[PDB]
A.B. asks: 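Take this structure, written in structure tokens, and hold onto it; I'll ask about it next.
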Amino acid sequence: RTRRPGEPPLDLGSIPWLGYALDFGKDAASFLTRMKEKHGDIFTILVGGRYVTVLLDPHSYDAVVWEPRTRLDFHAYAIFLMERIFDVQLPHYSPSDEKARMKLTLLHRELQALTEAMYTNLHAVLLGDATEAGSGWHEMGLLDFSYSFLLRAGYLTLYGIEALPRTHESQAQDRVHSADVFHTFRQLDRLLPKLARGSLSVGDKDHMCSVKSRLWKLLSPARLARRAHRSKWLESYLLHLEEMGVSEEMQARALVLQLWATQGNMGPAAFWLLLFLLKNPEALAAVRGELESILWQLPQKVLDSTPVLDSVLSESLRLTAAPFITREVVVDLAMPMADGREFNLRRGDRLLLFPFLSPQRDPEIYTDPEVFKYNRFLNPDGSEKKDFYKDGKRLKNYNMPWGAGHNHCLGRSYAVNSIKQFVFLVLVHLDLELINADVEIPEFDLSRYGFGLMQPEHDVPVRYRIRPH
Ligand code: HEM
Ligand SMILES: CCCCCCCCO[C@@H]1O[C@H](CO)[C@@H](O)[C@H](O)[C@H]1O
Ligand SMILES: Nc1cc(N2CCCCC2)nc(N)[n+]1[O-]
């Protein structure tokens, strides 16, 4: 490939066809940071036979993310995930249509219904497990801890419970069942990045197929039909699939895709948040102080009146949420930059924006971006800090864990509420400690850049107990 007039800087690397496939795959953030240093805020790279133009000027993001599908296609990842990763085939499939239908089931009123059920399920699973284990300290990995309880509760909230009214045995059954779902799901979640790259070994392939087969059985419509207090989201989705004449077996596959889609981020998000608090005594004291003040007067103020916790969650996501925002270039076109520049992109190129690098870890926007500063999103007077700058201009987009434009989180309020509820339960109802107070924060699994929340390369040992009194 030879650069044409008005195109971004072009960097093909050394290896024919593959280009920077290895570098990008191994550690996308480090690789792209170097490319930014070399080329500036926009550049084109060869990666695995594809030409990818990377845009890293956060002021220029807004234009891109709202472009019509006639210019920049925002359906490609959804199709790839549905058909190529989760093995789902739907008739007349349109990601926009599916998204619009889901929105209608996730309006403010319904998200508030989910929030109420979520607290009940978080409480039931957390205190249920803790009660079964008994009053002592119990040792666990913090990710296993956070991901298990959030996913199990999220599953019970969206997909329903064993019985209503709730009984001792039905709740116990949901603890065992949800644990099975989680343990099976985690095997898929660990293998997903390798599946996406097509790098599974013969043995890995058999493992993934076995896990998929089990999950498809567990979340079959026949199994789900008997469950109580199913979410409107689920009921509507099932009705939609039925109306399209989708088989119950294919519905199962679609439902497993949704399990990963909706539950693959909250647990990891909470893991990092709790870890940051445990490693930063002042931050932890501020959060506990805020929550205890509310307790002394789920108390509704925990959701609507936790300014310190809001900053903490924003700060944790700033450091750890790393989704790619991608588009396929549909036609040869000119893309405007915020500074007045214009760059030509070619039909068939991929466009990649990476908020993790900028704005989120941009040292011109945030002072010491690598550091967890619990009050980064607080003004001195305690009000929310919303004013961040780059290149002499106020940023519209400064922290983007929920996406932007056409592809943004439809469950944000519920996701935020769920994480807050979990943190409240853990910090107020439990004692929670690092085994080693001096343990260093683990590196990311660097191969997972682009999906959403990062996961740690290894877990962090903690211990918890029910608060003695
Ligand atoms: C911390 C947790 C979460 C984060 C950071 C997050 C972030 C995101 C992002 C970045 C997208 C855009 C995806 C893309 O098109 O590339 C998205 C989409 C979406 N999210 Fe979330 N999300 C979270 C949790 C949830 C939860 C708990 C729900 C509901 C239970 C939810 C519902 C949705 C829906 C329905 C979409 C649109 C899917 C589609 O395009 O068909 N999210 N989210
Ligand atoms: C790299 C995995 C993180 C998710 C990125 C979502 C946007 C593109 O998703 C996929 O990425 C693959 C590898 O780059 C490409 O080969 C596929 O064509 C593309 O659909
Ligand atoms: N982060 C994501 C991603 C996601 N996807 C659905 C399929 C298309 C892009 C990824 N769905 C949901 N619910 N969340 O929360």
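Residue numbers start at 1 and run along the sequence shown. For ligands, and for the atoms within them, numbers begin at 1 and follow the listed sequence. What you see below is based on every heavy atom in this structure, not just the backbone, and it leaves out hydrogens, waters and symmetry mates.
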A.B. asks: Looking at ligand 3, what drug do you see?
C.D. replies: minoxidil
A.B. asks: Per the PDB entry, what is the name of the chain that shares the largest number of close contacts with minoxidil?
C.D. replies: Prostacyclin synthase
A.B. asks: Give the UniProt-annotated substrate-binding residues in chain A that lie under 4.0 Å from minoxidil by heavy-atom distance.
C.D. replies: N265
A.B. asks: What is the overlap between the heme-binding residues UniProt gives for chain A and the residues having a heavy atom closer than 4.0 Å to minoxidil?
C.D. replies: none
A.B. asks: I need the nearest protein heavy-atom contact for atom 10 (C) of minoxidil: residue, atom name and distance, please.
C.D. replies: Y77 CE2, 3.6 Å
A.B. asks: Please list, in number order, the atoms of minoxidil under 4.0 Å from a heavy atom of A78.
C.D. replies: 8 (C)
A.B. asks: Please state which part of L410 comes within less than 4.0 Å of minoxidil, counting heavy atoms only: side chain, backbone, both or neither.
C.D. replies: neither
A.B. asks: Identify the organism from which chain A comes, per the entry.
C.D. replies: Homo sapiens
A.B. asks: If you measure from atom 11 (N) of minoxidil to every heavy atom of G264, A415, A321, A261, which option wins on shortest distance?
C.D. replies: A261
A.B. asks: Which protein heavy atom lies closest to atom 7 (C) of minoxidil, and at what distance to 0.1 Å?
C.D. replies: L81 CD2, 3.7 Å
A.B. asks: How far is atom 1 (N) of minoxidil from its nearest protein heavy atom, and which residue and atom name does that atom have?
C.D. replies: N265 ND2, 3.3 Å
A.B. asks: Which residues would you count as binding minoxidil, with heavy atoms within 4.0 Å?
C.D. replies: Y77, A78, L81, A261, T262, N265
